[PDB]
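Entry with etravirine: notes follow.
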Amino acid sequence: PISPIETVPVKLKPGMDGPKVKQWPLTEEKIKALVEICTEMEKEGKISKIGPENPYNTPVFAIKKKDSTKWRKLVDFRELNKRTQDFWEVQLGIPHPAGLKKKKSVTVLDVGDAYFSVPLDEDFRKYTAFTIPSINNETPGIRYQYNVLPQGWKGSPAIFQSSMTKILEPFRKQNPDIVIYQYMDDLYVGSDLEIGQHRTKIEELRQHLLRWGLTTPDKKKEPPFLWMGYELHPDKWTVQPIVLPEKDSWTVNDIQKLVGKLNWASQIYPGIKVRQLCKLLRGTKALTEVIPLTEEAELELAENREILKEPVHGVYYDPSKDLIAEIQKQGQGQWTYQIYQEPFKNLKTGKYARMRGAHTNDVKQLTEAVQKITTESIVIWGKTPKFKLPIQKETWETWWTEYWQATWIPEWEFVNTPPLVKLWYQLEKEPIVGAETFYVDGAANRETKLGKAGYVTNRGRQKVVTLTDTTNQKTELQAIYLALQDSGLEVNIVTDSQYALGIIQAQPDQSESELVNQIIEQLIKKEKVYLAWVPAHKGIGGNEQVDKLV
Amino acid sequence: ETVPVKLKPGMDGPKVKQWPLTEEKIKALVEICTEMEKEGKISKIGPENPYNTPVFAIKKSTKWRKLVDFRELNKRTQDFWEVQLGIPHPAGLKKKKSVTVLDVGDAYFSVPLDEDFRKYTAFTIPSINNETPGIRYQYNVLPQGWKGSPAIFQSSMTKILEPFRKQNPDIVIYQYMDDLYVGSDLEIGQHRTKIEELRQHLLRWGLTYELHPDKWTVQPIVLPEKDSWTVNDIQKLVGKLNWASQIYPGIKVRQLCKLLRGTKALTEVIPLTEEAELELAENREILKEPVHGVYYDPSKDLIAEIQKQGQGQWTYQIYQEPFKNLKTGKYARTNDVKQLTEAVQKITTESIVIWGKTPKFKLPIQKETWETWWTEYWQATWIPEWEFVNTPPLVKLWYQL
Ligand SMILES: Cc1cc(C#N)cc(C)c1Oc1nc(Nc2ccc(C#N)cc2)nc(N)c1Br
C-alpha cells in the first residue's frame, strides 16, 4: 500500500537545482533486471513513468543479491542528496533498559516495505527521475520518478519516522496503558495485559496500521527479546551474551574489540576494569599487530573474566521509589558505580575514568563522577538519585570551602566503603613562625633549554642546580621541590611562579607530571607548608637575591 | 501585518541540541505548550524543519514558566534587532533613585511573526529515556526571549507609553527584551504609586522588584590598615598594588618594597616607613576613584568575571579589555551554584541598566555542573552568554574584601 497520510513539504537547498547526472550504460542483464523490478514497482504506484519535459536524472544500477539469484535495484542519490535540504534529526538517543518499566506481554511488529509505503511530496518527485538505459545506449531510455520515499535518499528516514509518529498518535492517546517504541521500520509494543487481551490490542494496532497503508506480517517469539545489544525479559534485563576469546596472541584489533565488549558489559556487571588493557592501545601500531599483554593487563583480564563467568541482570524502573546511586574508588583514576531502588537490585552499573586536567585529587574526581551520574539519571529516569559516597561530610565541606571553584552535589550520605576519599595534605593558611623561609626561583634560557633552580633562606642556606632541556615552568617546579627536600617538617616557601602556585594550592594528590608527583609525596611527609607568591623582578628582597643567583 | 525579518547573511538558523529535562519540567512544558497551541501562539512542525533552540521550565512564586534559550538565534539575527531599527539606551536610567522592573513579555503574544521567519524559532520538548520522539513546535507570534520581538513591538510600545511619558517627563522608561525598566527620583511611596499608574495604561493593551542605582558604588581593591606588619603582610601588600598598577595610573610601590630588603623570615615584623606610610595612603586615595583612562565602547562586548571569595561572598569585575574595569562589585548572603546564579542575574541587571547590554560571563565553575543546575534557580527571562574558567588564584586574592 501507499499511506493516505499527508506528504511532508520538501525543498532543495536554497542555491541549488535538482540532479542532472547522465546514466551509465549498463550490461544487458542488468537492464533486464531493472525493467522487471520497475515494471512491478510501477504497478504498485511506487513509481510513475515520465517523459521529458522532465530535465532531471539520477543514475540507477543493479546488483545480484548475494549468491541467491535475485537482483536488487540500486539508485545512487549522492547528487540529489548533496542538493536536498537538511531535516530534523530522526530521534537522537535510544532508551536504556534501566529506564524501561516491567511488562507482562511484549510483541515486535515490523513494517513491510516501510519507505515505499509513504508518499513523497508531489512537488519534489520530479527530482527523483531516473532512467533505465536501452541496450548499448542506442535508443532513448525508459524514464521514471518516485511517488514514495526512495531508499538511499536523504529525507527518507526522517519523513518515514514522522509519518509513523503521526499515525501512532490516536492509538497512543486511546490506549494510554500500552506502550510503543518506534525504531526505523520496527515497532516494539508492550503492555501489562494477559496474553489474551494483549493479542487483541495488537490486532487493533495492526488494523489501525493497515488502515493507514502500513502492513505488518501476520501472527507468526517469546522472551527473551534481543534488542540493541540487550536481552530483555518481562521483569529483568541484561546485556546480550559476552564471549571473551582465549588467545595466546592479541592483535591491536583483538584488544580494541575486547575493550569494547568489556565497556559494554560494564553497564550491568559491577566493577569491570579496562585501564590496563587500554594502556596497551597507547601508541601508533597497526591493526594486525600483536601486542604482548603486560602483567597488570593480564591480571585485569583475569579479574574481568572472573566477573563475567556467571550471568547478572538488572531490574526495571519503578517510578514510585527513589533512585540510590553508590560510587566506589576502584583503581587509580578509576571509579565504579551502581544504581538501585531496592538494595542491591541494580537497575544498572557503570564506570568513570576520565581525567580532567593534568593534576587532580580524589575529591575533584568524585565530584565529576557525581556530575556525570546525575546527568545520566536525568536522561534515563527524569530525576536525580540520592547519592552514597565514600567521603566524610567533613572532608567534602573542607574541600568545597577552601577551593576557589564553585561546586555542589545533590543530597548525599557518607558510606564507609574503602578506600575512602581524603585530602592527603593541607596547605597552611598563615606563615609558620619558626619555620625556615625558602625563597625559591627557577629560570630557563629560551634557545638553550638550559635552566637553573635554587633557593636562599633567611637562615643563610643557598643552593643552585643546573637542569638540561627544561622549560621555565619546570624550573619553577624544580625550585619548589628543591626547597621541600632540603627543609624540615615545617617550611615557608616564597615563589614568583603563579603557574607553580596554581597547581599546588589546588592540592593535587595525583598528576601526569613526574616532578609534580615528587612534590606531592614530599608535601604529604611535611607537617606544615605555607606557600606564598611574590611579583618577580619587582625587586623583592628574597626574590631578587635567588633570582640573581639563578 | 507582520514585519519582514532577515537573518545575517551567510548564516542559517539555530541548530542547538535540547538539554535533558527532569520529569516535572517536561510535564510543565507539555501543559503550557498544549495551551499555547490551542491559542495559536505555536504550532506543531514536521521533520522538514531542521532547526532547534533549547527550552527549559523555571519557577518564577509557585507557577511553572517556559523559558526559551534564544542565544543562538539572537546571535544569528543580530543585524536585525541591533542596527536596522533598534532601541536607544538612555544614560539617565542609571542615575534615578529608583528603578522598577516590569515584565511585559505578554505583549508579544498578540503580534504575528513573519511567516518566513517562523521556522527558525523551532524548539523540542524531549521525553524521558528517549522513549518517544520529542514534541516539536515553532512560533506564530513574537516569541519571548528573542531580541527581535522588542525591536518589532517598539513602535507599539511608544504608542502605549506616550500618554504616561508626556504626563511624567522626569520618568525614564526603557525596554530591554521582555522587561520595562522605570526610573524616577520620586519618594519611594510616590514612585510606587506611579508604577501602579503605569500598570493601568499597560493593562488596557494586555499586560496584567525595585533597584536603587545610586546605592551602586564601586568595590575598590582595598589595602588593609594594620596594627603591625609582617614580611608576609608586606609581600601580599606589594603584589596587590603591583597588580593594581596594571589598572590605575599613579600607583606607587617603590618606597614600600624598600622594606622588603634581603631575605627575611615571613613572620618577622617590620616597622612602617614615613615613605611607605604615605604611599599606601595615596594609593588608597587612588583606589577609591574610577579608573582614569577607561571608557565604555558601545561597539564592544561587555565581559564579566566572577570570583568565589568564600563564606557566601563573591567578587566581580566588568570590563571590555582585560584589567580595564568599567565597574567592580560584590555579592553576598549555602549552595555555591545557587549563589553564583543569583550573582549573575544581579550583575546582568545592573549591566542592562547601565549600558543597555548583557555581559559575557567568565564563570568559576565546572561546565557540566553549571549546566545541570543553573535551571533550578534561574528567574530571569533572558540568558547571558557564558564560558567557564579557572579563576587565576591570585586574581581572587587581589579582589578580596
Ligand atoms: C515494548 C518494547 C520492546 C522492546 C524489545 N525488544 C524494546 C523496547 C524499548 C520496548 O518499549 C518499552 N519497553 C518497556 N519495558 C520492557 C519490559 C520487558 C521486555 C521484555 N521481555 C521488553 C521491554 N518499557 C517501556 N516504557 C517501553 Br517504551
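Residue numbers begin at 1 in each chain, while the letters A, B, ... track the order of the sequences. Values below: every heavy atom of this structure, side chains too, minus hydrogens, waters and symmetry copies. We read in the header that X-ray crystallography, 2.3 Å was used to get this structure. Just so you know, ligand 1 is whichever comes first in the structure, and atom 1 is the first atom listed for that ligand.
Bound to etravirine (ligand 1) with the most contacts here is the chain that the PDB entry lists as p66 Reverse transcriptase. Counting only non-hydrogen atoms, chains lying under 4.0 Å from etravirine (ligand 1): A, B. Heavy-atom proximity to A:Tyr316, at under 4.0 Å, picks out these atoms of etravirine (ligand 1): 17 (C), 18 (C), 19 (C).
At a 3.5 angstrom cut-off on N or O pairs, A:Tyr181 does not count as close to etravirine (ligand 1). On a distance-only criterion, A:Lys101 and etravirine (ligand 1) share at least one N/O pair closer than 3.5 Å. Atom 19 (C) of etravirine (ligand 1) has as its closest protein heavy atom A:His233 O, 3.4 Å. Ligand-side atoms of etravirine (ligand 1) in range of A:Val106: 1 (C), 3 (C), 19 (C), 20 (C), 22 (C), range being under 4.0 angstrom from any heavy atom.
Ranked by closest heavy atom to atom 13 (N) of etravirine (ligand 1), the top entry among A:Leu187, A:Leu100, A:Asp192, A:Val108 is A:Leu100. The deposited structure shows no covalent link between etravirine (ligand 1) and a chain. In the vicinity of A:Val189, heavy-atom distances shorter than 4.0 Å reach the etravirine (ligand 1) atoms 1 (C).
Near B:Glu131, the atoms of etravirine (ligand 1) lying under 4.0 angstrom from a non-hydrogen atom of the residue are 26 (N), 28 (Br). Between A:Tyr188 and etravirine (ligand 1), no N or O atom pair is found at a separation short of 3.5 Å. Closest to atom 22 (C) of etravirine (ligand 1), if we only count protein heavy atoms, is A:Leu232 CD1, 3.6 Å. Short contacts between etravirine (ligand 1) and A:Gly190, defined as distances under 4.0 Å to a heavy atom of the residue, involve ligand atoms 1 (C). Looking at A:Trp227 against etravirine (ligand 1), only its side chain comes within 4.0 Å, counting heavy atoms. Lab note: entry names chain B as p51 Reverse transcriptase. At least one heavy atom of A:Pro234 lies less than 4.0 angstrom from etravirine (ligand 1). Other-chain residues and nucleotides with a heavy atom under 4.0 Å from etravirine (ligand 1) are A:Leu100, A:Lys101, A:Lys103, A:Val106, A:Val179, A:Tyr181, A:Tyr188, A:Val189, A:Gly190, A:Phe225, A:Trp227, A:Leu232, A:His233, A:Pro234, A:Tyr316, B:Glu131.
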